[PDB]
Amino acid sequence: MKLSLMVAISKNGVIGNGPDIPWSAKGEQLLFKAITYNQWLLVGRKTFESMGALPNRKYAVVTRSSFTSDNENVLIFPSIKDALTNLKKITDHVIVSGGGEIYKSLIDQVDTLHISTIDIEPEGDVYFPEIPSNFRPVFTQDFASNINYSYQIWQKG
Amino acid sequence: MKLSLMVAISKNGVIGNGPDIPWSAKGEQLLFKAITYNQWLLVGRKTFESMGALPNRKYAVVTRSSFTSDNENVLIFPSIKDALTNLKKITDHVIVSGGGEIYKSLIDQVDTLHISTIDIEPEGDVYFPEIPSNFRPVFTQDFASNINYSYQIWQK
Ligand SMILES: COc1cc(Cc2cnc(N)nc2N)cc(OC)c1OC
Ligand SMILES: COc1cc(Cc2cnc(N)nc2N)cc(OC)c1OC
């Protein structure tokens, strides 16, 4: 089972996924929409609830809180280990789509990073982890917008 | 100036960018939208007429047919060579976005390939070129849809 990771960060590494983040870049969220189309997303509870169950996405929500769903496209798992073991029987591909601690728990295990860097250095309390040494960038593209952004794909060797 | 190339093809290499393609995959066009946002696209006359001006794109149309657009985000050039030399002064990135003849002329000169392969074998006269051997795939992802499709990025 291939594991991807997708995140939007400021230049300083503040996580910019969230709903009412005021330094969002018009056009960047198109990348997230394109890459996650009919994909399994591994997310924590806060990420699921902020995002909602978007069309054409399937959700593995990891929480040991008493979270509940009646959406057949939303599975709940007490741990990452339990999520991964169970998705191995369901799909070939899972995209880790956030939570600070979700990303910190998993970044060493994933094969591919999809990183959007917004060209701003704002104040935040939740940072993306340092990219490990055994990842290398294999594609980069710049976008002019209200705030400029860069899209970069990394691969583990 | 980096040159990228973006296309949607069948599994037998038939070009499937067009407006009324029966074998178009739900979702795949999201990739084109995301990669082309506030980019310069290099296209032929036909591709530009079919596509019209989607907003938040700028267009370099190459044609020898003295084509006329009354449109803010379009520049007309007589050749590919003439287009690239003027764009070099205006932008650091152009995305070659179609005409089979456009793709044929430029594929050997571009740096990055964006290929969506739709899982089907229709008939058609306009094929995409064979991929020069100096290109390697650096990224693959598969999509289940009404017709399955694969997105692949190649680097020179
Ligand atoms: C599409 O809406 C959301 C998406 C995400 C996750 C996310 C968003 N953008 C990027 N580039 N990567 C991600 N993993 C997170 C969200 O809230 C925390 C969202 O709600 C606005
Ligand atoms: C978004 O609309 C169009 C886009 C294109 C070009 C194009 C379309 N899809 C992909 N994957 N790559 C491309 N270069 C070509 C078109 O018609 C010829 C379009 O009109 C529907």
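Chain letters follow the order of the sequence lines: the first is A, the second B, and so on. The residue numbers of chain A are those assigned by the PDB entry, with the residues present covering 1-157 sequentially. Note that chain B is numbered according to the PDB entry, with residues 1-156 shown in order. We count ligands from 1, going down the list as the structure has it; atoms in each ligand are counted the same way. All values below were derived from every heavy atom in this structure, side-chain atoms included, with hydrogens, water molecules and symmetry-related copies excluded.
Found at ligand 1 is the drug trimethoprim. The chief contact partner of trimethoprim (ligand 1) in this model is named by the PDB entry as Dihydrofolate reductase. With a cut-off of 4.0 Å on heavy atoms, the other chains touching trimethoprim (ligand 1) are A. The proximity of A:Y149 to trimethoprim (ligand 1), defined as any non-hydrogen pair under 4.0 Å, does not occur for either the backbone or the side chain.
By the criterion of a heavy-atom distance under 4.0 Å, neither the backbone nor the side chain of A:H114 is placed next to trimethoprim (ligand 1). Contacts between A:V43 and trimethoprim (ligand 1), counted as non-hydrogen atom pairs separated by less than 4.0 Å, are absent for every part of the residue.
If you check each of A:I15, A:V7, A:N17 against atom 16 (C) of trimethoprim (ligand 1), the one with the closest non-hydrogen atom is A:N17. By the criterion of a heavy-atom distance under 4.0 Å, the side chain of A:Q29, and not its backbone, is placed next to trimethoprim (ligand 1).
Closer than 4.0 Å to trimethoprim (ligand 1), one finds no other ligands or ions. The PDB header gives the source organism of chain A as Klebsiella pneumoniae. For trimethoprim (ligand 1), the residues with heavy atoms nearer than 4.0 Å are A:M6, A:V7, A:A8, A:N17, A:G18, A:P19, A:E28, A:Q29, A:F32, A:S50, A:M51, A:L54, A:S97, A:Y103.
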Less than 3.5 Å apart, N/O on trimethoprim (ligand 1) and N/O on the protein: could you list those pairs with the distances?
from                    : atom 1 : to     : atom 2 : distance (Å)
trimethoprim (ligand 1) : 11 (N) : A:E28  : OE2    : 3.0
trimethoprim (ligand 1) : 14 (N) : A:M6   : O      : 2.8
trimethoprim (ligand 1) : 14 (N) : A:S97  : O      : 2.9
trimethoprim (ligand 1) : 14 (N) : A:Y103 : OH     : 3.4

